[PDB]
Every structure is written in C-alpha cells, then in structure tokens.
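Here is a PDB entry that includes flufenamic acid.
Going by the PDB entry, the residues shown for chain A are 6-320, listed in order. How was it done? The header gives X-ray crystallography, 1.8 Å. Order of appearance sets the numbers: ligands from 1, and atoms from 1 within every ligand.
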Amino acid sequence: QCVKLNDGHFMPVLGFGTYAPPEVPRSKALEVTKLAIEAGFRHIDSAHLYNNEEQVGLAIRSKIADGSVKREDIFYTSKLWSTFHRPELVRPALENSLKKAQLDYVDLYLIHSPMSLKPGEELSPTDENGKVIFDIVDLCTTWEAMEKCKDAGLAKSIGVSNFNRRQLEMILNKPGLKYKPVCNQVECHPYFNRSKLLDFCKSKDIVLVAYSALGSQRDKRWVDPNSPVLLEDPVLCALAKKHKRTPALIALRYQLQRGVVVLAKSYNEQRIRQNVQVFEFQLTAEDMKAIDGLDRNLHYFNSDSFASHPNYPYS
Ligand SMILES: NC(=O)c1ccc[n+]([C@@H]2O[C@H](COP(=O)([O-])OP(=O)(O)OC[C@H]3O[C@@H](n4cnc5c(N)ncnc54)[C@H](OP(=O)(O)O)[C@@H]3O)[C@@H](O)[C@H]2O)c1
Ligand SMILES: O=C(O)c1ccccc1Nc1cccc(C(F)(F)F)c1
Ligand SMILES: O=C(O)c1ccccc1Nc1cccc(C(F)(F)F)c1
C-alpha cells in the first residue's frame, strides 16, 4: 500500500486531506484526523496555509500516545507557503511548522506553489483590485534551501506542488542538483487527468500526487459554481452502480490504477471510513477508458488571483 520514492523512503498511496475552509471550527481537524487514523489512513496532508497544523499534529501525537500507531507508521506532509520562497525563509518556515505540529520531522515538505508572493505578515497580500502582490524568486534557490532541510533531518523527503512540466524541468536541470523532488502534488481528477504531466513524472521517477481527486470543495473564493460537479458525473455514477460502490470510490480507484498517489479530504466520519474501501475493488480496462474520456481540461481552482501571476502553472 506504499510507493518507493526516488530518495529511498516510502509513501502510502492513499492520503488524508486536512484542509477545511475558515468557517469550519479549528477543533474539527483534531477530531477528524483521529478518525482518519482509526479508519486506516497513514498518510496525512497538511500545510502552513491550512491553519490546522497544531490540531493535525495533536491528532497524530494522541494516536501515538494511546498505542494505535508508531511515528514511523505515519507519513506527515507539510508545505512551504509562497511568501517564504526566498531561501533564507525556508528553514524557519519548516521549523515553525514542526513547532506547531510538535513533531521532530515531517516525512515530506513541499513547495506549495510556484507562484511566489511578497514576503510578510499576510498569507495573501493584495494591491487595490484584489489581485495579489507577486514576488520574483528563482525557485532553484528555494530548492537549494529545501535540500538543506533534508540534509538537516527536518524533512525526510522534499518535493513540489502545483508545478507544470517546464517548472519541474528547471529544477531537474539545476547544476549541482542534490535531490530530485520525490513528487509533484497537483490538481488531478477525471475532468483534468494530467496525462501528459503524469507521463513526464513517471519518466523522471517523480510521483504524481492528486489533489481535488473528488472534485474539490468548490470554495466560492476560487471555484466557479457553474463548473460540473465531479461526483454527479453520469459516467462515474454508472460505474458506481456497476460495481456497487460510490462515485467517490470510483474516482479514487481510477488514480491508484494509473500509478497516481491520491488524497481524499472528508470531515464526515462515514465518508472517511468509506474512502479506505478503495483497496477493496478494481476497475477494468474498459472502465478506465470510460473515465479517461471525461477529461475536459477543467481546473476547479480558477481565479484571477492565480491566473494573472507570472508563474501561473496553467496554459
Ligand atoms: N497542493 C495544493 O495546492 C492543494 C490544493 C487542494 C487540495 N490539497 C490537498 O488535497 C486535499 C483534498 O483535496 P480537496 O480539499 O480539494 O478535496 P477533495 O478530496 O477533492 O474532496 C472534495 C469533497 O468531497 C467530499 N467527499 C469526501 N469523500 C466523499 C465520499 N466518499 N462521498 C461523497 N463525498 C465525499 C468531501 O466533503 P465532506 O468533508 O463533507 O465529506 C470534500 O469536501 C486537501 O484537503 C489538501 O490536503 C492540496
Ligand atoms: O505501489 C505503487 O507504487 C503505487 C503508486 C501509485 C499508486 C498506486 C500504487 N500501488 C497500489 C495500487 C493498488 C493497490 C496497491 C496495494 F495492493 F498495495 F494495496 C498498491
Ligand atoms: O492547498 C489547498 O488545499 C488550498 C486551499 C485553499 C486555497 C488554495 C489551496 N492551494 C493552492 C494554493 C496556491 C495555488 C494553488 C494553485 F496552484 F492551484 F493555483 C492552489
């Protein structure tokens, strides 16, 4: 139930998504992360951006203290936020995340996004029009700082998120590169299946990790309400009926069968327990072809605040 990363460490192929929007009480992350571990999730995905690392960390530490898991059984991810791309800010950002979570190391630390933002106090600094104040940082220098964090033992593995093929290539061609990214965590689902990026990642031994695999949380801040609702897709519905599973389970299994590590966020006890059933059934070649046919270049995260950035990954 794991994949071997290009640095020798192992990553569980099903991960628990911990982001919930600010209107959800912070205490919920503690409750649901414990439930996720109880259900069998061993890969837990968080970030500085999520304002939940204390709660998620506490959940992990609670399950270690009561004997349910060892630290070595848990794969915990955090991410460097975009206001901290300047190399001198990388290690301090990681140390802050470790202090919040009360952990000695993260299993994985990612550059959250290639879209560098102005260093400062704000998560999303703005001008007048609500467009973000961008920063211009050579992400190869950021990567060097990430490498130093691995060497120091603060992160077992390092990788990237929201990078396109070209951006990934720039890191891979860096003179004196010490560690390749182990993964690229990107938006990935049947409406945006990333086939060409997946092929590229496979060719370089980089794991593609899918987020919004269930169609995203459809947050009004970044997602058009008109966009088709992935879990109401008729083809996924037909496949769910055929296998007597659910559309969510079909969407998750699709990713595993393509060699994509898949995340799944749920703050509902029943759905958390449901999602671990992804290992209990298989899709046929014809099922996979049907799902492949759904691709319509649809990234749910689709806002002016992303699209105007000079390092916006989508074309
Ligand atoms: N690197 C990045 O920039 C980035 C971006 C986005 C997400 N992520 C990571 O990926 C995780 C997941 O992506 P996401 O947050 O977009 O959500 P998602 O996994 O696509 O899930 C979307 C929604 O599906 C619902 N759901 C879950 N299981 C279900 C089931 N069995 N049946 C029906 N509905 C189900 C959840 O609602 P309920 O809670 O009500 O069950 C959830 O809000 C995040 O939490 C985060 O850790 C990373
Ligand atoms: O094992 C990998 O390398 C793997 C990588 C990405 C996605 C899925 C992967 N493996 C996988 C896919 C389905 C079922 C099982 C297992 F049988 F181990 F549970 C493992
Ligand atoms: O990581 C999350 O779950 C996330 C949550 C809320 C808002 C944005 C998020 N991720 C994110 C953050 C910065 C840039 C991009 C993207 F590249 F997709 F645009 C995605």
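Mapped onto the model, all copies of flufenamic acid cover ligands 2 and 3. Ranked by contacts, the chain bound most extensively to flufenamic acid (ligand 3) is, in the PDB entry, Aldo-keto reductase family 1 member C3. The site surrounding flufenamic acid (ligand 3), defined by heavy atoms under 4.0 Å, contains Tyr24, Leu54, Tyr55, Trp86, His117, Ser118, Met120, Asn167, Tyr216, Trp227, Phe306, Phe311.
The protein atom (non-hydrogen) at minimum distance from atom 10 (N) of flufenamic acid (ligand 3) is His117 NE2, 3.6 Å. Heavy-atom distances to 1 Å put the closest UniProt active-site residue of chain A relative to flufenamic acid (ligand 3) at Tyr55, 3 Å. In terms of protein heavy atoms, atom 18 (F) of flufenamic acid (ligand 3) is closest to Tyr216 OH, 2.9 Å. Of all protein heavy atoms, the one closest to atom 20 (C) of flufenamic acid (ligand 3) is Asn167 ND2, 3.7 Å.
As for UniProt NADP(+)-binding residues in chain A, a heavy atom under 4.0 Å from flufenamic acid (ligand 3) is present in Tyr24, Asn167, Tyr216.
In terms of protein heavy-atom proximity, atom 8 (C) of flufenamic acid (ligand 3) is nearest to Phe306 CE2, 3.6 Å. In terms of protein heavy-atom proximity, atom 3 (O) of flufenamic acid (ligand 3) is closest to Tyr55 OH, 3.1 Å. Counted by heavy atoms under 4.0 Å from flufenamic acid (ligand 3), the UniProt substrate-binding residues of chain A that qualify: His117. Atom numbering of flufenamic acid (ligand 3) starts at 1 in the shown order; those under 4.0 Å from a heavy atom of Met120 are 14 (C), 16 (C), 17 (F), 19 (F).
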